Amino acid sequence: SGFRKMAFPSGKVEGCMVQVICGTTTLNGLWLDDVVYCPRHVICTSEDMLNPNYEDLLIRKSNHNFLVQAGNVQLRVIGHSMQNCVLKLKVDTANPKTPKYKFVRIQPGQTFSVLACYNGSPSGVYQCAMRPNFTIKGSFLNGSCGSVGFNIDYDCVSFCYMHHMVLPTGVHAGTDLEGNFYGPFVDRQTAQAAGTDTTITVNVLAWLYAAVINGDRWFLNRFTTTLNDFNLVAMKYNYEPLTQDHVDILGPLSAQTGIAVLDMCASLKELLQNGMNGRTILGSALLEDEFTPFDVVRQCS
Amino acid sequence: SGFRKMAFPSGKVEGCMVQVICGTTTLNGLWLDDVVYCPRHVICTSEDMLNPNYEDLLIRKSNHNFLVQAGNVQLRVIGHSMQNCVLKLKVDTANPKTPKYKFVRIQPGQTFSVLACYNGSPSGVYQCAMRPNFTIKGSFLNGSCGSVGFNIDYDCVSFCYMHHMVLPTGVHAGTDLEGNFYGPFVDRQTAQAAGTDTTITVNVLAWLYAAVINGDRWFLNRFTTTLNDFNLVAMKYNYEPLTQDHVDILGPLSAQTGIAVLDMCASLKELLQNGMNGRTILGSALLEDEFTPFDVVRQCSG
Ligand SMILES: Cn1cnc(Cn2c(=O)nc(Nc3cc4cn(C)nc4cc3Cl)n(Cc3cc(F)c(F)cc3F)c2=O)n1
Ligand SMILES: Cn1cnc(Cn2c(=O)nc(Nc3cc4cn(C)nc4cc3Cl)n(Cc3cc(F)c(F)cc3F)c2=O)n1
């Protein structure tokens, strides 16, 4: 019953958010066990933000230059290190609400939940997908740097994203929890452009299945096609190419509906070659590509 | 940058969700202080859910017939009562994770965050609006009965919704935290109709202001209008009539953008009479009506 963009409950992540100040530079940090993870951009003064020398900026810092607080509680810093673009501050207190967790690096098209924070305080929760151009379309204001994205499986939080910066097109770029950027970006206040974005084809098909699995069925037709023929149409419309693994992943959704994957690909081809007739699918007048096949089954049980 | 449907952090509410069982009938409850709140429909067996006599069913229940489980902690029921459609089970242990809270009854058009739960375990969170016909368009599966909706003011949790049932339309219907249904529905398995819905005009206008704040400006045009002339068009497209209180509410968004409210109404009238011509606003190809004026301020600033 119903189909919505749905985020994971954020309580386990809320318990891990702290404020990190270095000089006057302020951002959010992630407190797991006795380590606080935050973007290394915190060690940059306004005059270092455009072209920072992170090796030289950090060598001149000491433990007492980093102020970390979890609400009113102060955490004394007893060590600091740099791993790629992530600063690691060892503290004297282990977080008592540290959850079961793992650091993972997600693939384009995969989804996760974002907890937007400001000055170490959670502000809102929503779901994002990693775009094929390695950006995300979130909702972030000044002070959001260091907010994290995550998935939860069986009480284990998989941290996958740390927000770093906003790009000129308004999209957002960040790293994994090991400090490695998604995409070719760098941690510097320079104008950096994302590539042309493409549509996650497997996700659009999964969303089309969810519609039938709900009720919308006007887009279904009598045709079928081949993976090769569809991918020729997919390339023209800035859609990701479909692989046999994509076809295999959509198997469960294809089983419940009795609609062959290649039958749905033919339906999608027609929607692209003509239009959506100004009619709506699952309450939207556009083709939605930020629902994974897993997102669909877990909501359409 | 960007504008999305954004739910409140659910941590304070997660620590209050418990499982309630009565025989084999199972649903979710809300544990605050020494009281667990849940839909009274839990005291129905399979053969009772069609036309239950709740007073007859309750009189034959005793404390030990209610199993309340908070994760792996078992709670002990030392009393029970019925308030409207909500059953209240007093337990021997006050919830340590009880936040500063409040029970409120929202108005049609107001939004809240929903924490969907199954078997007393939280499962997901999203934003909903109370439709003008007192239904909500959410995402609920079997076993979601008892999930709650809420807003957060700094540290105070304002509970405004408890989920009861899915209607024929597929829409969802529930009560406030004193057991009173939003709308004309009853807690029984019978076909119930909700009236025709209408579009929350003041919420659409607030959404249009958010687009201006985020750099989406193509719909602003050369016209102005009057409140009375706009409602002629609004009544025509199944929109709520616009009041002076709506105009006053949109005041802050008007002043921050420099666009008069009546001017934005005229741009909305044009959008209603000509469509969008394949263009999008804030990444949507429709007029969104589930963002209140307060939602826009909370997200576009602070
Ligand atoms: C509008 N918007 C959308 N997303 C963001 C995220 N974001 C951010 O929150 N902060 C940034 N710069 C800082 C300025 C500070 C001023 N004080 C006093 N303290 C500050 C701390 C930060 Cl991090 N930036 C810009 C930015 C941050 C980076 F980490 C980076 F590598 C390059 C950048 F250009 C920012 O984008 N804002
Ligand atoms: C698809 N969907 C969307 N929303 C809902 C909510 N919902 C629900 O979760 N459960 C319901 N009936 C029960 C059956 C049970 C079987 N066992 C073993 N235990 C059960 C407990 C319940 Cl509550 N219903 C139906 C329903 C629930 C009510 F509270 C009510 F007053 C009338 C109703 F018809 C339900 O809608 N499911």
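To find a chain's letter, count down the sequence lines: the first is A, the second B. Shown for chain A, in order and in the PDB entry numbering: 1-301. Chain B is numbered as in the PDB entry; the shown residues are, in order, 1-302. Indexing begins at 1, ligand by ligand and atom by atom, following the structure's order. Below, all heavy atoms of this structure are taken into account, side chains as well, without hydrogens, waters or symmetry copies.
Here the macromolecule bound to ligand 2 with the most contacts is known in UniProt as 3C-like proteinase nsp5. Of the candidates ensitrelvir, bosutinib, retapamulin, the one located at ligand 2 is ensitrelvir. By chain letter, those with a heavy atom nearer than 4.0 Å to ensitrelvir (ligand 2) are A, B. Distance from atom 19 (N) of ensitrelvir (ligand 2) to its nearest protein heavy atom, with residue and atom name: B/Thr26 N, 3.0 Å. Checked against a 3.5 angstrom limit, the closest N/O atoms of B/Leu27 and ensitrelvir (ligand 2) fall outside it. Taking every heavy atom of B/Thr24 and a limit of under 4.0 angstrom, the matching atoms of ensitrelvir (ligand 2) come to 17 (N), 18 (C), 19 (N). The presence of a protein heavy atom under 4.0 Å from atom 27 (C) of ensitrelvir (ligand 2) is confirmed. Counting residues of chain B in contact with ensitrelvir (ligand 2), the top UniProt domain is Peptidase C30. Contact annotation for B/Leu141 and ensitrelvir (ligand 2): only backbone heavy atoms (N, CA, C, O) come within less than 4.0 Å of the ligand.
Residue B/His41 touches ensitrelvir (ligand 2) through its side chain alone, judged by heavy-atom distances below 4.0 Å. Of all atoms in ensitrelvir (ligand 2), numbered sequentially from 1 with element shown, those under 4.0 Å from a heavy atom of B/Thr25 are 19 (N), 20 (C), 21 (C).
Ensitrelvir (ligand 2) has no nitrogen or oxygen under 3.5 angstrom from a nitrogen or oxygen of B/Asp187. For a threshold of 3.5 Å applied to N or O pairs, the pair formed by B/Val186 and ensitrelvir (ligand 2) contains no separation below that value. For atom 16 (C) of ensitrelvir (ligand 2), the nearest protein heavy atom lies 4.0 Å or farther away.
Shown in contact with B/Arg188 at under 4.0 Å from a heavy atom are these atoms of ensitrelvir (ligand 2), numbered in order with element: 31 (F), 32 (C).
For B/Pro39, the closest heavy-atom approach to ensitrelvir (ligand 2) does not fall below 4.0 Å.
According to the entry, the source organism of chain B is Severe acute respiratory syndrome coronavirus 2. When each atom of ensitrelvir (ligand 2) is checked for a heavy atom of B/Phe140 under 4.0 Å away, the hits are 1 (C), 2 (N), 3 (C), 4 (N).
Of all the heavy atoms of A/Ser1, the ones lying under 4.0 Å from any atom of ensitrelvir (ligand 2) belong exclusively to the side chain.
In terms of polar-atom proximity, defined here as any N/O pair under 3.5 Å, B/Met49 makes no such contact with ensitrelvir (ligand 2).
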Between the protein and ensitrelvir (ligand 2), which nitrogen or oxygen pairs come in under 3.5 Å, and how far apart is each?
| residue | atom | partner | partner atom | Å |
| --- | --- | --- | --- | --- |
| ensitrelvir (ligand 2) | 4 (N) | B/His163 | NE2 | 3.2 |
| ensitrelvir (ligand 2) | 9 (O) | B/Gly143 | N | 3.1 |
| ensitrelvir (ligand 2) | 9 (O) | B/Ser144 | N | 3.3 |
| ensitrelvir (ligand 2) | 9 (O) | B/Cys145 | N | 3.1 |
| ensitrelvir (ligand 2) | 19 (N) | B/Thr26 | N | 3.0 |
| ensitrelvir (ligand 2) | 36 (O) | B/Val166 | N | 3.3 |

